[PDB]
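Chain A residue numbers are taken from the PDB entry; in order, the displayed residues are 870-1206. Note that ligands are numbered from 1 as they come in the structure, with each ligand's atoms numbered from 1 the same way. Cropped entry; intra-crop contacts only. Excluded from the calculations below are hydrogen atoms, water molecules and symmetry mates; all remaining heavy atoms, backbone and side chain alike, are included.
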Amino acid sequence: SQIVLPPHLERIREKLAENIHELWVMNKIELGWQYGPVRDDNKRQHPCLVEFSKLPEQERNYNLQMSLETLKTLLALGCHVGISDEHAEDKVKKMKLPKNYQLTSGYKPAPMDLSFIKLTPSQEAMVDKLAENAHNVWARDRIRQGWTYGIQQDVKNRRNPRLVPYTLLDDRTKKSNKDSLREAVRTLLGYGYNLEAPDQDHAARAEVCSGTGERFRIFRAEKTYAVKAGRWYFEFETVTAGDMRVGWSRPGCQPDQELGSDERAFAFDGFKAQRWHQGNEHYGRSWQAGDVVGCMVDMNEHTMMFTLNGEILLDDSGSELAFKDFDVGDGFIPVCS
Ligand SMILES: Nc1ncnc2c1ncn2[C@@H]1O[C@H](COP(=O)(O)OP(=O)(O)OP(=O)(O)O)[C@@H](O)[C@H]1O
Ligand SMILES: COc1ccc2c(c1)CN(Cc1ccc(C(=O)O)cc1)CCS2
């Protein structure tokens, strides 16, 4: 609603509407649809493919309004549009088409050639965005209808399995809508209107989003199994590669606080390659899927060391000790976050 129409698009909008309408009757003839008097899908002969004048003026207006909304959403996409030159409209080349491919209309709908016209990756990305929004407005119209999703298509029960996000939509519709959208935006370029898109933005979730406010879960051995002397080894296999920590915690570790943030636990975050105890340092490399990190503690001279896939992880210095010295205290137990 907030979108205002610039004067160039304003006085070119009717030509856009009619040319894309003719372009659609070209898409129809390419798909094999032929022109007829009456609206009956079985007979494949409809007045829809004939020129807009013989088209029902209701559908013709509804198509033009649909394009007004589509170009307004294009402008809402943050993409600026600039007319190239007046001569790009003064000379309007138009491929000739075979009579079987060509409509009864004398002048060929086919605008300046798609070979000459070029599509950038950003332009294709905004084509995808526009296809997304068109399906959204198609769906909201259905919700106003009261149609609700159904795996089986139903008209009496108004259950369309096409009421899913465009990401999960079936290929055939995605292709047909994409074709009309991208040939439309290519006609936009061929009219000299250059669509300079906004810069692509990068954002990272970093596992902030979570079901339930809880950010992480800690699994540990029982307190009674604490080891106060000897040399011990246990493995941790990482099915994924994310915010995961493994190491040894005291029987006083808190299940709400992250490992290594306090003095209770000594952990290794392979995600950021950091050893964690009362802070973070740099230690080791980053793991991948199906990586086995073995944690080893020798409580005799108070050392702890980690081996990712067998090789010994190292800090910035060549030392193999993740934590050089620590008090025995009340023992250590295997712990993971
Ligand atoms: N003959 C046409 N002329 C113009 N645009 C059309 C035409 N057919 C389809 N469209 C466009 O493509 C969309 C396809 O909607 P369509 O009515 O085919 O969906 P549907 O799944 O059959 O709907 P419902 O859920 O009500 O059964 C329309 O919203 C419109 O934008
Ligand atoms: C530019 O505007 C138009 C004008 C005409 C047509 C399309 C888009 C493309 N679309 C594709 C499509 C197919 C199935 C569904 C559906 O059943 O959900 C929705 C859209 C309708 C077929 S011709």
**Drug name for ligand 2** = ARM210
**Item:** Main partner chain, ARM210 (ligand 2), name from UniProt
**Value:** Ryanodine receptor 2
**Prompt:** Which organism did the depositors list for chain A in the deposit?
**Reply:** Homo sapiens
